[PDB]
S.K.: 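Below: one structure in structure tokens.
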Amino acid sequence: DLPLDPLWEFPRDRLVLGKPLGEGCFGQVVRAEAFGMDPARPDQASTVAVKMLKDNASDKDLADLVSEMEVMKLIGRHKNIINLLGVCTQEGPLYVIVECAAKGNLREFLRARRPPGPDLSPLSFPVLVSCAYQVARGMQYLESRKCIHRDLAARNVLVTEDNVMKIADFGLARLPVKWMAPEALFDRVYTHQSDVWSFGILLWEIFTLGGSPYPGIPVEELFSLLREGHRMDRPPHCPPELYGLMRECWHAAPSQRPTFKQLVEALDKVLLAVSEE
Ligand SMILES: *C(=O)c1nc2c(cc1CN1CCN(C)CC1=O)CCCN2C(=O)Nc1cc(NCCOC)c(C#N)cn1
């Protein structure tokens, strides 16, 4: 069984499950409608997402879902992360209610909003910087809460109906080798500074509108190329100020990379200037 948390327990009868959003190995995320999620308007319907176990799940999977739920409570609320909204622990399967991100992941959001490409030739430049800045803010918050993400990439950044960026799967208990810092790749060392390296890759994904990192380069060849000091080229139409930030994230020495605080500060300076360009 699971203890009743007066701060988070939501009534099971006020939650209506909908179509699945995605299925993992033993877990899944589904659409849902919640009634009275905001206590100020207790009859209002709101669209949410529900993390739950699949039928093939074991007690190890249940402990992993419980762990993510508890980590989400400990970390607390931020505008730029997928927030916990409530829980259904009593008289039925465990439901972890979280914020809905109607527009899906950032990579597909950007790919669907691309201008005519090189085989032929919507999102303004300030909106793109705002996306980067929002993700930097969310990461700054997670870091302040002792949370190392380990898998920061555009596929793990979700977009709401209101176009707010929300980092997902921060509470979790082929490998994404192209986003990994070299000390993480080679020495299995994951710090806040290795998340800064991934943020640099994410910045490149933003300014290529969902481009695949290291275009052409075989995965096997990546490691040797990084060891030689090679890094990705400046995306087309990307300003040198933003490419400069990417290159700082990609410094070999973790201590030579910027902090999330400096990234938030540098991205806010660009955003405020570019908003009147
Ligand atoms: C949220 O309930 C929601 N999410 C996604 C879609 C639709 C909806 C709800 N919804 C709003 C718009 N109207 C017209 C109908 C409707 O049903 C559409 C597809 C993309 N959604 C999505 O990605 N949601 C989402 C995903 C999450 N995880 C990403 C990995 O999924 C396995 C999370 C989380 N955590 C939260 N929302």
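Here, residue 1 is the first one in the sequence, and each next residue gets the next number. Counting starts at 1 for both ligands and their atoms, following the listed order. Technique stated in the header: X-ray crystallography, 2.1 Å.
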S.K.: So what drug did they put at ligand 1?
M.R.: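 Answer: roblitinib (bound form).
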S.K.: What macromolecule, as named in UniProt, provides the greatest number of contacts to roblitinib (bound form) in this entry?
M.R.: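 By contact count, the main one is Fibroblast growth factor receptor 4.
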S.K.: For atom 35 (N) of roblitinib (bound form), what is the nearest protein heavy atom, given as residue, atom name and distance?
M.R.: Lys51 CE, 3.4 Å
S.K.: Looking only at distances, please establish whether an N/O atom of roblitinib (bound form) is found under 3.5 Å from an N/O atom of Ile82.
M.R.: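 Checking roblitinib (bound form) against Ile82, no N or O pair falls under 3.5 Å apart.
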S.K.: Please determine whether any non-hydrogen atom of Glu99 lies less than 4.0 Å from an atom of roblitinib (bound form).
M.R.: yes
S.K.: Using a strict 4.0 Å cut-off to heavy atoms of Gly104, name the atoms of roblitinib (bound form) that fall inside it.
M.R.: 20 (C), 23 (O)
S.K.: Tell me which UniProt active-site residue of chain A is closest to roblitinib (bound form) and the heavy-atom distance to 1 Å.
M.R.: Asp151, 10 Å
S.K.: Using a heavy-atom cut-off of 4.0 Å, list the UniProt ATP-binding residues in chain A near roblitinib (bound form).
M.R.: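 Short answer: the UniProt residues with a heavy atom that close are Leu21, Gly22, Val29, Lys51.
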S.K.: Got a protein heavy atom sitting under 4.0 Å from atom 25 (C) of roblitinib (bound form)?
M.R.: yes
S.K.: Give me the nearest non-hydrogen protein atom to atom 30 (C) of roblitinib (bound form) as residue plus atom name, then the distance to 0.1 Å.
M.R.: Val29 CG2, 4.7 Å
S.K.: Just to confirm my output: which protein heavy-atom neighbour is closest to atom 3 (C) of roblitinib (bound form), and how far is it?
M.R.: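 Minimum-distance protein heavy atom for atom 3 (C) of roblitinib (bound form) reads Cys100 SG, 2.8 Å.
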S.K.: Just to confirm my output: which protein heavy-atom neighbour is closest to atom 16 (C) of roblitinib (bound form), and how far is it?
M.R.: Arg31 NE, 4.3 Å
S.K.: Is there a polar contact between roblitinib (bound form) and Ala101, counting only N or O atoms under 3.5 Å apart?
M.R.: yes
S.K.: Distance to 0.1 Å, residue and atom name: give those for the protein heavy atom nearest to atom 12 (C) of roblitinib (bound form).
M.R.: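 For this ligand atom, the closest protein heavy atom is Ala102 CB, 4.5 Å.
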S.K.: Which option, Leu21, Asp169, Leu158, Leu84, owns the non-hydrogen atom nearest atom 28 (N) of roblitinib (bound form)?
M.R.: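 Shortest heavy-atom distance from atom 28 (N) of roblitinib (bound form): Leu158.
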S.K.: For roblitinib (bound form), which UniProt domain of chain A supplies most of the contacting residues?
M.R.: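 It's the UniProt domain Protein kinase.
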S.K.: If the entry models a covalent bond for roblitinib (bound form), which residue and atom sit at the far end?
M.R.: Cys100 SG
S.K.: Which residue owns the protein heavy atom closest to atom 32 (C) of roblitinib (bound form), what's the atom, and how far is it?
M.R.: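 I find the closest protein heavy atom is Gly22 CA, 3.6 Å.
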S.K.: Could you name the option among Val48, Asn83, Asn156, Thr47 that has the heavy atom nearest to atom 10 (N) of roblitinib (bound form)?
M.R.: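 The option holding the nearest heavy atom is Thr47.
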S.K.: Which roblitinib (bound form) atoms does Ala49 reach within 4.0 Å, using its non-hydrogen atoms?
M.R.: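 Those qualifying, in numeric order: 36 (C), 37 (N).
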S.K.: Which residues would you count as binding roblitinib (bound form), with heavy atoms within 4.0 Å?
M.R.: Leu21, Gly22, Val29, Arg31, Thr47, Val48, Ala49, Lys51, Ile82, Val98, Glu99, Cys100, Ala101, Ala102, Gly104, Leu158
